[PDB]
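Entry with indometacin: notes follow.
Chains: lettered A, B, ... by order of sequence lines. Numbering of chain A is taken from the PDB entry, so the residues present carry the numbers 10-124, in order. Note that chain B is numbered according to the PDB entry, with residues 10-125 shown in order. We number chain C the same way the PDB entry does; the residues here are 10-125, in that order. Quick note: numbers on chain D are straight from the PDB entry, i.e. 10-124, in order. Counting starts at 1 for both ligands and their atoms, following the listed order.
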Amino acid sequence: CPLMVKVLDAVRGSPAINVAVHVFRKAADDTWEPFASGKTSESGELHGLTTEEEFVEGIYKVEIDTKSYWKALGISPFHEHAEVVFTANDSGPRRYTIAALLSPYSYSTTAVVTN
Amino acid sequence: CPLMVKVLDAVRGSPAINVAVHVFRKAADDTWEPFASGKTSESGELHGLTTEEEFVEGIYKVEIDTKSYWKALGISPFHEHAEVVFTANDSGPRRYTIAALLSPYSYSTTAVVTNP
Amino acid sequence: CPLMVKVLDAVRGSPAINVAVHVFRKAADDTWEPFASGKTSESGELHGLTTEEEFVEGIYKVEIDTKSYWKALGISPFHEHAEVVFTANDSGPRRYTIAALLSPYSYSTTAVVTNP
Amino acid sequence: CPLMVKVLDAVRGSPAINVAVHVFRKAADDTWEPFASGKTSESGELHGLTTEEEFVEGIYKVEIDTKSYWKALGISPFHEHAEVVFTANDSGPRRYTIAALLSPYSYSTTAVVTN
Ligand SMILES: COc1ccc2c(c1)c(CC(=O)O)c(C)n2C(=O)c1ccc(Cl)cc1
Ligand SMILES: COc1ccc2c(c1)c(CC(=O)O)c(C)n2C(=O)c1ccc(Cl)cc1
């Protein structure tokens, strides 16, 4: 599992569950090609997005649908979605965890890159 | 000034100076049209991007070029840039401050929205 | 103004207004002595806590009373308060801005330190 | 394991390893009583701090020695340590994860409280 996503909710202090996540890979014409998607689980996590064969070096974008998550909770959010854009590179450690901590008007995102 | 950008460096405890910022607006055909651009100053702030009249309702994308910034400090950062995407002015004109706190493998972004 | 405090609310996208702040300074006997206190204004800022002369070298603790703040908004927050603990002025006088971004179960704190 | 600590490093994008963590419980005279301590592991985590029998309701303080972590990396940090102060309460979910994301001049901390 070379690419994992973890989403937490900073208002409730819980995993953010059932959050839609879309991954895109940057194509040679600079457009964004759908690559992988899913919904976070009960633990706020999304696994099994891709395999080490398909996850080649390149620029990827992870798009976390935060606006629908907040609307389902009845809370009026600022952002359309959170967007994490990064280059996957074979030299460094192999596992990428993209984490996001969500508030209605703020979010943070971190990359944990390990072996 | 209805749209301003404020960038901090979380490694140096200082404003993030000369950070490039590109703003886009989603057009009717659903593409991102170039809306305004600039660089943060000595105070890590970017003002005068647009005017109330020009800053109409729509979905905006503020792209803060963090990777260029880090590289010139000799750091090799994780992200290409920070993207901040939001509906603006969809209940009448507001003032928006987009703030970003940068680390090489992390950033946070918040909005302060006030009513004229 | 050598020590100022800036507080944002990450749920409302607004300054955090009327947040109580207590600053302490570690004394020679190793206890926390009361140093200064105040409340954030309409802009979420707190100024005039101390003077350059009074703000000598030492270890300071800025306690931001976040739990009181959240409760008055009807929220039941996780933390009692944010604590920010740092050596100040140990290479000559500096200006410090302590910033905090509050959510009910999370906060972030950053320092902007500048040289007179 | 009612109380777990997770520490990440925002400059390297890795777990923060070998970080000392001291937990205190607030005594009736308002002083801080040492309660539990340890060092984060290779995965940036600290487990086995306490048991559900000893972790009674009360105010606790978790003190993460960030200054020594940054000094070991040769990086000049702002804070003496990060301090997470909170009330443990029996009504809510049972597992407390205190997470901290560290930069030299900034940190964030989040509580994930679950079942
Ligand atoms: C009211 O509008 C803002 C918003 C955020 C601000 C400031 C002003 C100032 C002060 C100034 O205007 O110079 C600082 C220092 N801000 C931050 O620290 C900051 C940076 C990034 C994040 Cl994610 C959260 C907060
Ligand atoms: C429940 O377990 C957690 C909790 C938080 C986590 C992670 C795992 C991972 C995954 C990992 O460690 O690989 C990351 C990246 N987390 C963060 O990003 C994070 C974000 C904000 C703060 Cl304030 C503190 C930590």
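Short version: main partner of indometacin (ligand 2), named per UniProt, is Transthyretin.
Those other chains that come under 4.0 Å from indometacin (ligand 2), heavy atoms only, are A, D. Residues contacting indometacin (ligand 2) within 4.0 Å (heavy-atom distance) are A:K15, A:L17, A:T106, A:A108, A:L110, A:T119, A:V121, D:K15, D:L17, D:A108, D:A109, D:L110, D:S117, D:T118, D:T119.
The UniProt annotation of L-thyroxine binding in chain D and a heavy-atom cut-off of 4.0 Å around indometacin (ligand 2) together pick out D:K15, D:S117.
The A:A108 neighbourhood of indometacin (ligand 2) comprises atoms 14 (C), 15 (C), 16 (N), 17 (C), 18 (O), with distances under 4.0 Å to a heavy atom of that residue. Those atoms of indometacin (ligand 2) with a heavy atom of A:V121 less than 4.0 angstrom away are 11 (C), 13 (O), 15 (C). With respect to atom 12 (O) of indometacin (ligand 2), the closest heavy atom belonging to the protein is D:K15 CE, 2.6 Å. With respect to atom 10 (C) of indometacin (ligand 2), the closest heavy atom belonging to the protein is A:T106 CG2, 3.6 Å. The PDB entry lists the organism for chain D as Homo sapiens. Every atom of indometacin (ligand 2) is numbered from 1 in the order shown, and the set under 4.0 Å from a heavy atom of D:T119 is 21 (C), 22 (C), 23 (Cl). When each atom of indometacin (ligand 2) is checked for a heavy atom of D:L17 under 4.0 Å away, the hits are 12 (O), 14 (C), 15 (C), 16 (N), 17 (C), 18 (O), 19 (C), 25 (C).
There is no protein heavy atom less than 4.0 angstrom from atom 20 (C) of indometacin (ligand 2). Per-residue contacts place D:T118 under 4.0 angstrom from the following atoms of indometacin (ligand 2) (heavy atoms of the residue considered): 23 (Cl). For indometacin (ligand 2), the atoms sitting less than 4.0 Å from at least one non-hydrogen atom of D:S117 are 22 (C), 23 (Cl), numbered in the order shown with element in parentheses.
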